[PDB]
Novice: 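Here you can see darunavir bound to Protease.
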Amino acid sequence: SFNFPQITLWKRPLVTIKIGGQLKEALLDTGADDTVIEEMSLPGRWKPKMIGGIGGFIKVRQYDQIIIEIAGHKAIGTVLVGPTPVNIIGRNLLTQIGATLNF
Amino acid sequence: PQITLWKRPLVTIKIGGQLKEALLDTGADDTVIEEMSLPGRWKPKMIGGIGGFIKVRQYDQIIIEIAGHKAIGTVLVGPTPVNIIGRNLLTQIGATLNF
Ligand SMILES: CC(C)CN(C[C@@H](O)[C@H](Cc1ccccc1)NC(=O)O[C@H]1CO[C@H]2OCC[C@H]21)S(=O)(=O)c1ccc(N)cc1
Ligand SMILES: [Cl-]
Ligand SMILES: [Cl-]
Ligand SMILES: [Cl-]
Ligand code: NA
């Protein structure tokens, strides 16, 4: 419905992100504490982490202080990389771009 | 009205005569609640998240109260680690995501 993708949540709230100079599709996800992206190379050091969701847990690599643009908004923060079914923008970066849930 | 996302967006819901805590989740297509009984008919469904699929019972035309707002829709019931209010019902309480 109302445009990015979409504001009233009748369609998935999908946006384009840019990370490591590549464009990807991601979901704005208020139910995600953390941002999680499919396998890709990121600079710097990382640390393993397991995170859980509906189905159980997956091991991810945690990269801190990564520059990522989200729907045109610049953010710099933690990105988890692993076998997620969807690229997810979680609250750690939603707060950086000033996203709010209103109702 | 406006929920910041510095913490998890948790609300109280009333469903099937009980009160529960649930997460307002724009990343969820569907509402999924921990095991409970609901009246009427249901059919089995599989739903996938991070870390694979779980089997749930799909109940249609269930009335819920979310933070005070009544709504009706499908509710999936099964071994989810968190009660999640998905877009199918967020739309019914006029939730929007703004930035
Ligand atoms: C992965 C998404 C595309 C979909 N998920 C909703 C999502 O909001 C879950 C919702 C969620 C929340 C807690 C536990 C399980 C699932 N969040 C999630 O997995 O976040 C993980 C990354 O950050 C961490 O903080 C939250 C858990 C971790 S889902 O729970 O798997 C899901 C799938 C299908 C339906 N119909 C409803 C929900
Ligand atoms: Cl976008
Ligand atoms: Cl962060
Ligand atoms: Cl529905
Ligand atoms: Na029913």
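Chain letters run A, B, ... following the sequence lines, proteins first and then strands; every chain starts at 1. For this deposited structure, the header notes the method as X-ray crystallography, 1.5 Å. FYI, side chains are in, hydrogens and waters are out, and symmetry mates aren't considered; it's all heavy atoms of this structure. Ligands are counted one by one from 1 in listed order, and the atoms in each one are counted from 1 as well.
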Novice: Provide the full list of ligands or chains for darunavir.
Specialist: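 It corresponds to ligand 1.
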Novice: I'm curious which other chains sit close to darunavir, say any heavy atom under 4.0 Å. Can you tell me?
Specialist: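 Heavy-atom contacts under 4.0 Å involve A, B.
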Novice: What is the listed source organism of chain A in the PDB?
Specialist: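 Per the PDB, it's Human immunodeficiency virus type 1.
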Novice: Does B:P81 come within less than 4.0 angstrom of darunavir, counting non-hydrogen atoms of the residue?
Specialist: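 Contact present.
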Novice: I'd like the name of whichever of A:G53, B:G49, B:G27 reaches closest to atom 4 (C) of darunavir through any heavy atom.
Specialist: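 Nearest heavy atom to atom 4 (C) of darunavir lies in B:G27.
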Novice: Run down the list B:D29, A:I54, B:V82 and name the one with the heavy atom closest to atom 30 (O) of darunavir.
Specialist: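 Ranked by closest heavy atom to atom 30 (O) of darunavir, first place is A:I54.
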Novice: In this structure, does darunavir have an atom that sits under 4.0 Å from one of the heavy atoms of B:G48?
Specialist: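 Under 4.0 Å: yes for B:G48.
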Novice: Just wondering, which residues come within 4.0 Å of darunavir on a heavy-atom basis?
Specialist: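 Going by non-hydrogen atoms, it's A:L27, A:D29, A:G31, A:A32, A:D33, A:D34, A:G52, A:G53, A:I54, A:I88, B:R8, B:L23, B:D25, B:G27, B:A28, B:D30, B:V32, B:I47, B:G48, B:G49, B:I50, B:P81, B:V82, B:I84.
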Novice: Darunavir: which protein N/O atoms lie under 3.5 Å from its N/O atoms?
Specialist:
residue   : atom   : partner : partner atom : Å
darunavir : 8 (O)  : A:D29   : OD1          : 2.9
darunavir : 8 (O)  : A:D29   : OD2          : 3.2
darunavir : 8 (O)  : B:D25   : OD1          : 2.6
darunavir : 8 (O)  : B:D25   : OD2          : 2.4
darunavir : 17 (N) : A:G31   : O            : 3.4
darunavir : 23 (O) : A:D33   : N            : 3.2
darunavir : 23 (O) : A:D34   : N            : 3.4
darunavir : 25 (O) : A:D33   : N            : 3.0
darunavir : 25 (O) : A:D33   : OD2          : 3.2
darunavir : 36 (N) : B:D30   : OD2          : 2.7

